[PDB]
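Written out below as structure tokens is the structure these notes cover.
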Amino acid sequence: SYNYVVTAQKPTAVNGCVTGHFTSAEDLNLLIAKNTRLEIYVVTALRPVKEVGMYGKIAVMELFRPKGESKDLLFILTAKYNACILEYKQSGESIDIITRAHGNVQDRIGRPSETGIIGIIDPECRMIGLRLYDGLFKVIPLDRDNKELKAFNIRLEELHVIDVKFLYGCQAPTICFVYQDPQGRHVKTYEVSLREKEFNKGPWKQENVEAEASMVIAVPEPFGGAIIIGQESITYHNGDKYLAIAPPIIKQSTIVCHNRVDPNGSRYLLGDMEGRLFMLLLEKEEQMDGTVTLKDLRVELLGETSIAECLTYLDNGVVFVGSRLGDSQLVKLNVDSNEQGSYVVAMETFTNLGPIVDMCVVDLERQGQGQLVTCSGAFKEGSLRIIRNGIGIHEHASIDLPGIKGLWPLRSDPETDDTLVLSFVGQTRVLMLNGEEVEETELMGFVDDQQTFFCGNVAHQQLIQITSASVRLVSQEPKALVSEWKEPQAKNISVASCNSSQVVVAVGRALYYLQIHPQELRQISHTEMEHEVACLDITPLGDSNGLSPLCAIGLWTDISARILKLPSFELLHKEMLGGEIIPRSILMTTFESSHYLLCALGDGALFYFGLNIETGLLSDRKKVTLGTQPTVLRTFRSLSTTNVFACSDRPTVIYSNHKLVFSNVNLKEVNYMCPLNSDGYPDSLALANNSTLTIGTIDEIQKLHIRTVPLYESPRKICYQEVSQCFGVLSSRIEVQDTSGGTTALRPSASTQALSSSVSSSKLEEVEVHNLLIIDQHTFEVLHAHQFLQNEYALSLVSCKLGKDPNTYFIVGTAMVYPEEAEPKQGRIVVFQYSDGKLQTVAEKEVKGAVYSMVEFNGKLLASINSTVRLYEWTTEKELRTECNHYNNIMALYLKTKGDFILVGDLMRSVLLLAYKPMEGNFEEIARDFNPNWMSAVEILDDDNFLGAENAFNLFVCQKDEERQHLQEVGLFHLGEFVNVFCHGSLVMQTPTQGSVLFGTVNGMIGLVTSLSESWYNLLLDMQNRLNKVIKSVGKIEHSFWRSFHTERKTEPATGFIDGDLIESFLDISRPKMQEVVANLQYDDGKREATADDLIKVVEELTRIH
Amino acid sequence: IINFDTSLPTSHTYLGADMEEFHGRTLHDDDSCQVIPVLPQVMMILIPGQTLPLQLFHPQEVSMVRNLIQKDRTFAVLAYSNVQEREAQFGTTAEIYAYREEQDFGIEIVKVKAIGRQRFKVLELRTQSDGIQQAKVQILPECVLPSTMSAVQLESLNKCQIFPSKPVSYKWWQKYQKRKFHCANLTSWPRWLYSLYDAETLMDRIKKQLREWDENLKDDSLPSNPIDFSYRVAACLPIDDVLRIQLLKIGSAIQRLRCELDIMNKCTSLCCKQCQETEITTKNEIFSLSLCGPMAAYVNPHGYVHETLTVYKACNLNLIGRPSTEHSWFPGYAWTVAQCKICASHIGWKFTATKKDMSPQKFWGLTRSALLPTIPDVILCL
Amino acid sequence: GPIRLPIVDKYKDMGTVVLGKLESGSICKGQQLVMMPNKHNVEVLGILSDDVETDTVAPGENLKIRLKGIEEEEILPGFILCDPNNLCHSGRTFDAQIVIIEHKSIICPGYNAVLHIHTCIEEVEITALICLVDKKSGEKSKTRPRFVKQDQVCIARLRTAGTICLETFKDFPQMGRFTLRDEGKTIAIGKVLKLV
Ligand SMILES: O=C1CC[C@H](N2Cc3cc(CNC(=O)C(F)(F)c4ccc(Cl)cc4)ccc3C2=O)C(=O)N1
Ligand SMILES: [Zn+2]
């Protein structure tokens, strides 16, 4: 099997943050590391500059300035022990990051320490200290000629090291750290010999420190020394001086992160584990000029933040709060305590999907393309996120205004549009635009008692209006009617269209051709058509200086789209379409200098052809469905190219790269539109539906839009019950062991603030309470919150129909968790039903074990209980009776099924295949593969290949094809992200790729996986090896080394996968590098030398799956 | 309640005068290919850390051992998977740590004490013209996995993963689980599930069952490394050969510890293997009379190795003859051959104290080969 | 403790000297002793252990011993010196535990062979054999066997040619071990159990 992995949403969590002068010594930079991404901002009273992609998981990131360098330099160390030193270079308009030194600092032997990689840089900028493995201390000298990052180790007597830091104010490279031996926790200092290469006894040491000493902060000059943080005490250490405080305001939670505010070292920031924010304050006294002695240490609570991972003060009192549990914050902290309490105020809020514990795909906007709803965050940062693929719209003004059946912009004075004409049912009005304020005006020469079918500026400084009965032509200089056209028998006009010089209206089955001359409309031709006309267009296409020689038609009964020639009306091409629905709108436009004809049907079908202007031939037809309601086709311009807006129930913007891209628009419904370009709303769009006129600008390319639904409690699982238009979500909130019965909540959450709240039992330290939440698919209000039993843990959730019961139930598998019993001895399976506005508890099943997962298996419910898989049948008496039973060796943690297969896994990579045999009412082991390793989630790709994520952020694929029960190891790939859930589905409309599987991540990254044919995998593998020679890698990390399947014990090359990110970067290199990449390639189309546009058409076909 | 001295049986004092002892240790590199000789008559699945005594009589066996005592002292013990399976695929190395060749009666006899060292996969078997076989083997590595939280730990909480040593308790383990597995809320599973795959927690759960059998101090007797611990418990589990093979095929201590805990809980009854339908003893009567545990391998005067599980009470057994102290594996106790009352198959021996001050005054020694573990209410290793 | 010295060979020199390996107890100069088969008293003169002379000597060493007493030859190998208090058992019939190690067919009662017990060598006949015993278990056989083949253990009664000095195992090791022998081949080895 050969597969394709592509990132669809870059990671959002923040591994770390640091400030410095990296772009220019005059600038102040903010550097954020979103796992395998590096974001470089510039601070103002934030400005994006450059974001780059490391071929590694960023583990250590620090800024520093070597002896004789213009600006600060950046040091990066990846989880695979890649070290590099980076400089910022700007040649004018081309931002590039050049690598100065690089090298792998991995040691052939060693046990990685428990506290993880710790990187430090001495203040003299002479060395780089790293604590990679236990009992050792790798050191890199920072000589000018160390372009290989040659480093050496230094043995350590202390094995269990907590945290280390380079000391300020020492003429020798001095480190200071906390360690733990069986005698307790202590603190020591060492001095490093860069030449003699050993440790010399340091200044001071003070054994028997606080029991929970965890954080070491080096205080710069003049203070010097270090600060020690713990659960109980904040202590100072410099020489024989020993200051120690124990403020009770921090004994309630643990300090996790810190940051220096002022470079002197008097004000420090303290980040809590629950989101609190503290400011440490050091009291100085300047005895004389020179010496500065430390008097006391004070700490104040400043307010609540997002649960912070990294913190950095910026300037003018603003602080960046980088988080991995919730959204990242930009906070301004004042000196005045706010009315609610403390002195913190949020400014901006950066979206963050991590962590993703579960997610499901849903067709929320009726049918069509899928949307993705995740359980994101933890604790008070708990939230649901709704992610849709489409184009955004920046609403500049919304006006309640029903009945709008037409929309046209108008230039009342010769430039830029200034007037908007609105056609209602059998009537017409005119709006005038003075700035951003809209007011009703009248337009002399325009008739305001008829339904307008078209109006707009035309040639010879004139206007026009095509009502149901007339074709009025208005002047601009005095602004009044100059020539009116009607039907000879004064009959009503059916359909009309116009450009700037020609006008072609139609009446019943007859159509007329008019030209726009000064003060005149010269009628020309009037051919009769076989059947009633539906829509026509006279767009001037291309090349022609003003007027078009073609006329596109759609006819009733015949249901034939036709191209006629002007003014002869000679049938240049007839095309018969479906035959049950009449056409509703037609349009001729051109994309990327290619000439297409479009035509929409009343049922929402959309045909697009290829047009030969001189020949009138409509060929290479292709059809796509956009919505159930009728469609209207309109042309507009954005980014100096002409797009096509398709108004309907599912609005769609058509653009383009010689491949039409139908992109959903993030809007409810749009019936009519027109491009507006005014003095107050420039280069914008005017939208109109049944009740609203909306004006605003539109983005250029479709991204991912994310709607946050905060829950203020940790969500756990999620499923979609469509027949009720609601979501079922498992959640857990934290309460505290209180007086009397206890269990008083912390804060108002989504389970305490539900509409109707149920429970499972009355009252007849931290403690977790689990809930089943019912959430409306449209409002996202908590409709109901079921609270499970005391000491009950909700593990699984699934919404399905069972047996021959038409009711769709919510099924939840639980497990009783008492702290004295290690393995849970009993759990339950509950079957809820959400009818109207109630949650009826339909049935229960007391089970002697946990229920780690469930799945709907061919109308029957299949559940896992410890090491047992049990199949349940749904009775006619509304109960669960057992049909089968199957024991295993493995704890049946993971459960996925396709057809009659069943794939069972556990936390130990162990995988089982099971098959339902109806003629026996039992199961049979089909295959297995045991290779002990930590596994986070699995999924079934097809009947023979199975995907999973193992330890060290990897992926793998097993394959079926006696000893035909062995699963082979056919796919490996180091994704660099902790996959946490797989689910089928896509985020694009309904063939190089086969299948589609999305997945979430702890870092919030959303990726996709699909299968490929051997022909493409062979070619695209050649594509990879060709791009690796060309594309400049940050830190000079080998791509093959990055994607190599990694464990602590083994490291094999990746196979059976394709880094789609690398393949997609083929469209970002310059044009010569493309021709450089295609150095004599054998491309196949039924073989020759391949070009650059040969692979662009290939890669663009791959970018259209996410 | 007892006073025997659990250190006596492990010494195998019945073998006689102190043997020559070796201090050196030989360990082969992981995945390396090695050719190691196989002893023709050894019928056992040896697990690493288990002591194996042997009495070799045949000159071909004696000659091969004299050469081995001069080289690496390591022989291969093939683990036979099936009864009629000619080819062996797995096995365990045995390192001779004590030996003695004696010309007593007039026949050269060689007594040896070996210990299981490294597991291997059999690649080839070559029989020499002498009957001693050589095994081309691949040393199977011991797969050590990191903490389950290592790939899902927050760098800010790294300095919190170290805990100060525990007091020699119920409240402490609750705080251990909460702190080590705090970052479990970033995954699909709760803390209590990760606890089920934590070596330290699993080892503390096993100790709770080993303590029910012996008043042994956890501090020393039981090793602290899960690898060594997992193998030590497997050696004293009274399971059949098919189950013992499955445990040896397990490369992870975690998988081994969980599978052992499930065996210790599921299989409570021990029936006669020949009958299958005759209860002999129960797990409630199992107790450890040797530092190795309730079951250890011992050699009879003719070199037959018996893994003998010591139990307080047994039923449905008839005693043939009178007690004897000759070659007693538990010095101070006399043995009486015990056969099954139904099928008359030899199940083991009853041990009766020779001195009135000894406690227990009587117990039964059952040979693992004769017993079959049964689940109340084929056993499957979880 | 008790003393046992299986006599290997005597030779007339000085008064009278005797050879053997001294297996039980210590032997002092002039320590009165006895000779078991004929109950002859005898007093020590000279203890020439190794080539050196020592007044007393402990078990293990290889002693030449000058004997003062009514012993001037007419002492055969397979006699023993004995502590006069608890001296050695004797006779000519005894039970023993005999493992057959080499024999092409079957041995049955009335089988004639040689019997090597310490220094003594005297022809022997197995009068009747009592009970087989299984090697795996230790199970004393239910019925009397009519014969025993190779690689098999049993307990049997044995009559030597005439009056020899036997000692049961458990009581004494070196004198309680023996090897049946025929055609120079070693055919069985045996520990002695009872004394008939
Ligand atoms: O605690 C225990 C429980 C009992 C267990 N035993 C003793 C035993 C003795 C014999 C028959 N003896 C002999 O065969 C002999 F050893 F007594 C012998 C006699 C003469 C000669 Cl020449 C050589 C050996 C057969 C089998 C066993 C057996 O399985 C054990 O070993 N220690
Ligand atoms: Zn039986």
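Below, read A as the first sequence line, B as the second, and so on, with proteins coming before strands; counting in each chain starts at 1. Both counts, for ligands and for their atoms, begin at 1 and track the order of listing. The deposited model was determined using X-ray crystallography, 3.6 Å. Only this structure's heavy atoms are used, side chains among them; waters, hydrogens and symmetry mates stay out.
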*Among the choices PLX3397, AZD4017, CC-90009, what is modeled at ligand 1?*
CC-90009
*Tell me which chain touches CC-90009 most, using the name in the PDB entry.*
Protein cereblon
*Enumerate the other chains with heavy atoms less than 4.0 Å from CC-90009.*
B, C
_chain C, as named in the entry_ = Eukaryotic peptide chain release factor GTP-binding subunit ERF3A
*Which residue atom forms the covalent bond reported for CC-90009, if there is one?*
none
*In chain B, which UniProt domain contains the majority of residues contacting CC-90009?*
cult
